[PDB]
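Contents: one structure, followed by commentary.
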Number of protein chains: 2
Amino acid sequence: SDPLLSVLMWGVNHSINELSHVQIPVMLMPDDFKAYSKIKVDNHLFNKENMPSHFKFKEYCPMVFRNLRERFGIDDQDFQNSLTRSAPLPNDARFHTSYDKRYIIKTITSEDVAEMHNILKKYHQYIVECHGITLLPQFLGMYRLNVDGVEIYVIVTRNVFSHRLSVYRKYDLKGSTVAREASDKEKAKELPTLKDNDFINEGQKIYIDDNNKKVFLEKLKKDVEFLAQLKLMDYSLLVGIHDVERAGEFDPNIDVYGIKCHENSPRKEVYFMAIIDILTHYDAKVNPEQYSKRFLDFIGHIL
Amino acid sequence: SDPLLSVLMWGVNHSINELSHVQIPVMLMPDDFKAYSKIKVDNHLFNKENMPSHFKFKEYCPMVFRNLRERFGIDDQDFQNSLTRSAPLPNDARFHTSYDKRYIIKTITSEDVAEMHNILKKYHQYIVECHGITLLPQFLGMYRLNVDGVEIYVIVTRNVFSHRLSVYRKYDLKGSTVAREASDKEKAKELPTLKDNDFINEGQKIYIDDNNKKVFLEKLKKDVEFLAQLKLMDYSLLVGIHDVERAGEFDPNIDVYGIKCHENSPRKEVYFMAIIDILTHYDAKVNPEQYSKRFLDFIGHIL
Ligand SMILES: CC[C@@H]1C(=O)N(C)c2cnc(Nc3ccc(C(=O)N[C@H]4CC[C@@H](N5CCN(CC6CC6)CC5)CC4)cc3OC)nc2N1C(C)C
Ligand SMILES: CC[C@@H]1C(=O)N(C)c2cnc(Nc3ccc(C(=O)N[C@H]4CC[C@@H](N5CCN(CC6CC6)CC5)CC4)cc3OC)nc2N1C(C)C
């Protein structure tokens, strides 16, 4: 097994257990956005079967993230179970998904962590204002893991895709001026990741009613403008299509990004659409304000 | 509340939780007697209501002590509950007792801890040999607590007295040549601690049948000789009398040191008798081999 994974599981278990003893108030204080809990474990000639002997686990702003979970309709006991009852599964930036497919666990940089801290309060207030109804990533936990030498940072989000319904096609859309296209090595996977021109070449249509579309684009408008005002760019719309005829009703309380196709759709389809990859990443590298309108226009045209 | 007490409770809770994930083998390995687990917690602007912000908890030889609990008929979940569901109560060396009166928690020195480590394996093997039937202290856990500056060591033992039945009179007997007597300041308490000459002056009798006496003294003989061979001295026989007429059947599976009075006893009495205070303590200060026979003779005469 992966020792970083077992520290993550141990840590989330420890985190949620600790919070079960902490009183939940309705409001956050400015200090909650600067808070953390740190635990350092040293086992000498003990418990080698389960845990590395020397590890650290640090949770950033535990009260804020608990408040976010609640606002996103997520119970702490359930969150704990999803992350701990069985190991998260790998995919290959690399990521894991909880065994029940409800949550995504992504390894991030210390720079991403700094950026998340920078936006956390404004992010929180935005979620308050929209009552948790948003196409933004739903940030549920943020941690630092140390296992004798190696140090990693992780963030946990709600899965954009369904926890039951399988996805047969997936798009990552930015709407950029610079040409975007998938590679053939990716094509060879069971579920590849297609891009802008794949969509605007294979004549992909999304069959949703005018009401669903209006609601979606209203939501997208606000989300994107919030991202713009934080000077964030290079995020994508993730789009996943579930084909009912191959594998089809979903729970909107769990698969919160799902939209049914309208009645005249050529095939029985369910769409899963959300914004992803919102943090900067100074390892990769035209302005944020331009990026947003450009992103908003493209999604307008394709839908 | 007492922050050292809440670290103890947190630590025992954490300890038992961790062990619930560790496989129980039938046997201990030599390394289990050198093992420990260390956890250091640092909370910044978080969880001030329950815990100090900076503390450490260290458990010595967790596998050995788990094995001892099992051998003493104690379930880990029950032990955990007894120590954590409500705070232990103070008494004033000073000690606490678990809320349900099942366990004693005593603060000890780093010297006592060194001595316990020194005897732990031999102690364990002795308990194996007698199948847990002994008048020795039943050692159940040993810990180190740190709360920002202060460092303390604690050991947990089974209560010599009953967890239901009240005790109206208590003796601490060593059988020493040097005169031993209680003080008047102690007398003024609801339940004082009387000594050798109080017994051998107030004409105290213990009314148990010849079978119970023989069994007791056989047990005492072996226990004391084991203590002698470890070069330990200055331990006492603790004696507590429960008066049924004032407050009377006990569970021998819980109140393991209880002995009913015989049928011709002037009053309905239950006795609780065990050895206590077996470690050296180099702060207090004629040889161990002499001490034992001298202790064994006195208990022979008074019973
Ligand atoms: C965290 C950052 C960001 C973000 O901000 N949010 C909010 C977010 C939210 N949700 C997701 N979900 C997924 C994104 C992408 C995929 C995918 O294409 N995965 C492929 C690779 C592995 C492939 N494997 C799976 C097991 N298969 C074995 C089968 C036989 C049993 C064999 C084939 C399946 C297809 C799947 C997702 O769900 C599992 N991603 C997010 N991102 C992503 C950029 C990582
Ligand atoms: C750990 C070291 C060693 C050892 O090795 N083993 C194995 C061991 C095992 N068991 C005990 N038990 C007790 C020893 C002694 C006493 C006592 O005289 N206590 C007095 C002081 C407090 C008094 N308070 C109680 C609350 N009261 C309030 C009432 C109104 C509600 C008011 C009066 C009650 C009488 C009580 C014990 O049980 C609670 N002691 C041990 N020792 C002792 C030397 C500490």
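To find a chain's letter, count down the sequence lines: the first is A, the second B. We number chain A the way the PDB entry does; in order, the residues shown are 34-125, 132-286, 330-367, 388-405. Per the PDB entry, chain B residues shown: 34-125, 132-286, 330-367, 388-405, in order. All values below were derived from every heavy atom in this structure, side-chain atoms included, with hydrogens, water molecules and symmetry-related copies excluded. Read the numbers this way: they start at 1 and go in the same order the structure lists the ligands and their atoms.
Lab note: of neomycin, digoxin, volasertib, drug at ligand 1 is volasertib.
The chain that volasertib (ligand 1) touches most here appears in the PDB entry under the name Phosphatidylinositol 5-phosphate 4-kinase type-2 alpha. By chain letter, those with a heavy atom nearer than 4.0 Å to volasertib (ligand 1) are A. Across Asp359(A), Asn198(A), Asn124(A), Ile357(A), heavy-atom proximity to atom 13 (C) of volasertib (ligand 1) is greatest for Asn198(A). Backbone and side-chain nitrogen or oxygen atoms of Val199(A) are examined, and one is located within less than 3.5 angstrom of a nitrogen or oxygen of volasertib (ligand 1).
Taking every non-hydrogen atom of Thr196(A) and a distance limit under 4.0 Å, the qualifying atoms of volasertib (ligand 1) come out as 6 (N), 7 (C). Looking at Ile358(A) against volasertib (ligand 1), both its backbone and its side chain come within 4.0 Å, counting heavy atoms. Across chain A, the UniProt domain dominating contacts with volasertib (ligand 1) is pipk.
Those atoms of volasertib (ligand 1) with a heavy atom of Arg197(A) less than 4.0 angstrom away are 9 (C).
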